[PDB]
Student: 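Model shown: Androgen receptor + R-bicalutamide.
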Amino acid sequence: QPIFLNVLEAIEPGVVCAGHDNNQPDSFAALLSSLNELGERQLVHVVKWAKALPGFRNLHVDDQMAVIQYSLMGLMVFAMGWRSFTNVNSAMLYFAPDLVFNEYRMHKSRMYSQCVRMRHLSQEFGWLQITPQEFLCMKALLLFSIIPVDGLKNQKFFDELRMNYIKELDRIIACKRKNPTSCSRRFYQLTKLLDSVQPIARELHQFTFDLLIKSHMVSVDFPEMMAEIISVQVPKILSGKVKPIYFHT
Amino acid sequence: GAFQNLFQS
Ligand SMILES: C[C@](O)(CS(=O)(=O)c1ccc(F)cc1)C(=O)Nc1ccc(C#N)c(C(F)(F)F)c1
């Protein structure tokens, strides 16, 4: 069969709800507390998804945990761009069925700039006509797109895994084949799209870092687990110790 | 810490 693609569809996670009160009027603290809670929920599903990926257990347990944490934001942002595309044709941001951002929420959350970047990313899926299959292969490649500049524990297995995910995405790209203008260009397009996830995850990292720092002073609650990731791993990205692997320059 | 124990279950 298409063994690889089968697996990706088989493990793809279901809907995750935020638990947000959509009849209260919007405040910053409520929206951000609902996002922090959704963040943890989606993290739980990301761990399960990731541990089921082809080859993922070739990695050292410590490389496993580290790439999950480093790549969490890019992953959630990408999945969310797809959900917005498929569920609402990119007019709003579909964080969750019970947490859809319109422009008013984009603004009340004080993440407008990041939200607008995310909506753009969402439009791109339309613009490029990304297939559900390309989406799934790209999302899988994003868990292997961000590493400590000082390398991983068993870096060689990582390098091999990533190469193999690059291959599978090349194998699956949408084109009329007797023309590599499409196929060579399709790949270019898709790798540009993947690259653009990184600055957005960086802006979001920056905003969440800052929010954790001042959280007591703005009544935002972080789940204990999110607090640890923000304070322990997040700052390695913001400080340049951990960095994306970019296709282009 | 908190993430490793999640990773565990
Ligand atoms: C503000 C925040 O709650 C921070 S967080 O979820 O605690 C978080 C903490 C640590 C990370 F490495 C990534 C995300 C956040 O980014 N939430 C969040 C929750 C759900 C989704 C989705 N879908 C997203 C976004 F990526 F799409 F923006 C963002």
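Chain naming here is simple, since letters A, B, ... match the order of the sequence lines and numbering starts at 1 in each. We read in the header that X-ray crystallography, 2.1 Å was used to get this structure. Note that ligands are numbered from 1 as they come in the structure, with each ligand's atoms numbered from 1 the same way.
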Student: Find the other chains whose heavy atoms come closer than 4.0 Å to R-bicalutamide (ligand 1).
Tutor: A
Student: May I ask you to identify the nearest protein heavy atom to atom 13 (C) of R-bicalutamide (ligand 1), giving residue, atom name and distance to one decimal place in Å?
Tutor: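 Its nearest protein heavy-atom neighbour is A:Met73 CE, 3.4 Å.
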Student: What part of A:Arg83, side chain from CB on, backbone N/CA/C/O, both or neither, has a heavy atom under 4.0 Å from R-bicalutamide (ligand 1)?
Tutor: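 Near R-bicalutamide (ligand 1), A:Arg83 shows its side chain, while the N, CA, C and O stay back.
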Student: I'd love to know which of the UniProt 17beta-hydroxy-5alpha-androstan-3-one-binding residues in chain A sit under 4.0 Å from R-bicalutamide (ligand 1), measured heavy atom to heavy atom.
Tutor: A:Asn36, A:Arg83, A:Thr208
Student: Please state which protein non-hydrogen atom is closest to atom 9 (C) of R-bicalutamide (ligand 1) and give its distance, to 0.1 Å?
Tutor: A:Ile230 CD1, 3.0 Å
Student: For atom 1 (C) of R-bicalutamide (ligand 1), which protein heavy atom lies nearest, and how many Å away is it?
Tutor: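 Ranked first by proximity to atom 1 (C) of R-bicalutamide (ligand 1) is A:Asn36 OD1, 3.3 Å.
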Student: Nearest to atom 20 (C) of R-bicalutamide (ligand 1), what protein heavy atom do you find, and at what distance?
Tutor: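 The closest one turns out to be A:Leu38 CD2, 3.6 Å.
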Student: Closest non-hydrogen protein atom to atom 15 (C) of R-bicalutamide (ligand 1), residue and atom name please, with distance?
Tutor: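 I find the closest protein heavy atom is A:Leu35 O, 4.4 Å.
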Student: Only heavy atoms of A:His205, strictly under 4.0 Å: list the atoms of R-bicalutamide (ligand 1) that pass.
Tutor: 12 (F)
Student: Which residue owns the protein heavy atom closest to atom 11 (C) of R-bicalutamide (ligand 1), what's the atom, and how far is it?
Tutor: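 Answer for atom 11 (C) of R-bicalutamide (ligand 1): A:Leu72 CD2, 3.9 Å.
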Student: Any nitrogen or oxygen of A:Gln42, main chain or side chain, under 3.5 Å from a nitrogen or oxygen of R-bicalutamide (ligand 1)?
Tutor: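 Between A:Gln42 and R-bicalutamide (ligand 1) (N or O atoms, distance only) the closest approach is under 3.5 Å.
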Student: I keep going back and forth on this: is there a covalent bond to R-bicalutamide (ligand 1) in the model? If so, which residue and atom?
Tutor: none
Student: Of all the non-hydrogen atoms in the protein, which one sits nearest to atom 21 (C) of R-bicalutamide (ligand 1), and at what distance?
Tutor: A:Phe95 CD2, 3.8 Å
Student: Note the single closest protein heavy atom to atom 8 (C) of R-bicalutamide (ligand 1), along with its residue, its atom name and the distance in Å.
Tutor: A:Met226 CE, 3.7 Å
Student: Is the closest heavy-atom distance from A:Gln233 to R-bicalutamide (ligand 1) below 4.0 Å?
Tutor: no
Student: Which domain, as defined by UniProt, of chain A contributes most of the residues in contact with R-bicalutamide (ligand 1)?
Tutor: NR LBD
Student: By chain and residue number, what forms the binding site of R-bicalutamide (ligand 1) with heavy atoms closer than 4.0 Å?
Tutor: A:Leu32, A:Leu35, A:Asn36, A:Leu38, A:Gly39, A:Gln42, A:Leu72, A:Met73, A:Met76, A:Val77, A:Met80, A:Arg83, A:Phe95, A:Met118, A:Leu204, A:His205, A:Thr208, A:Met226, A:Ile229, A:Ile230, A:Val234
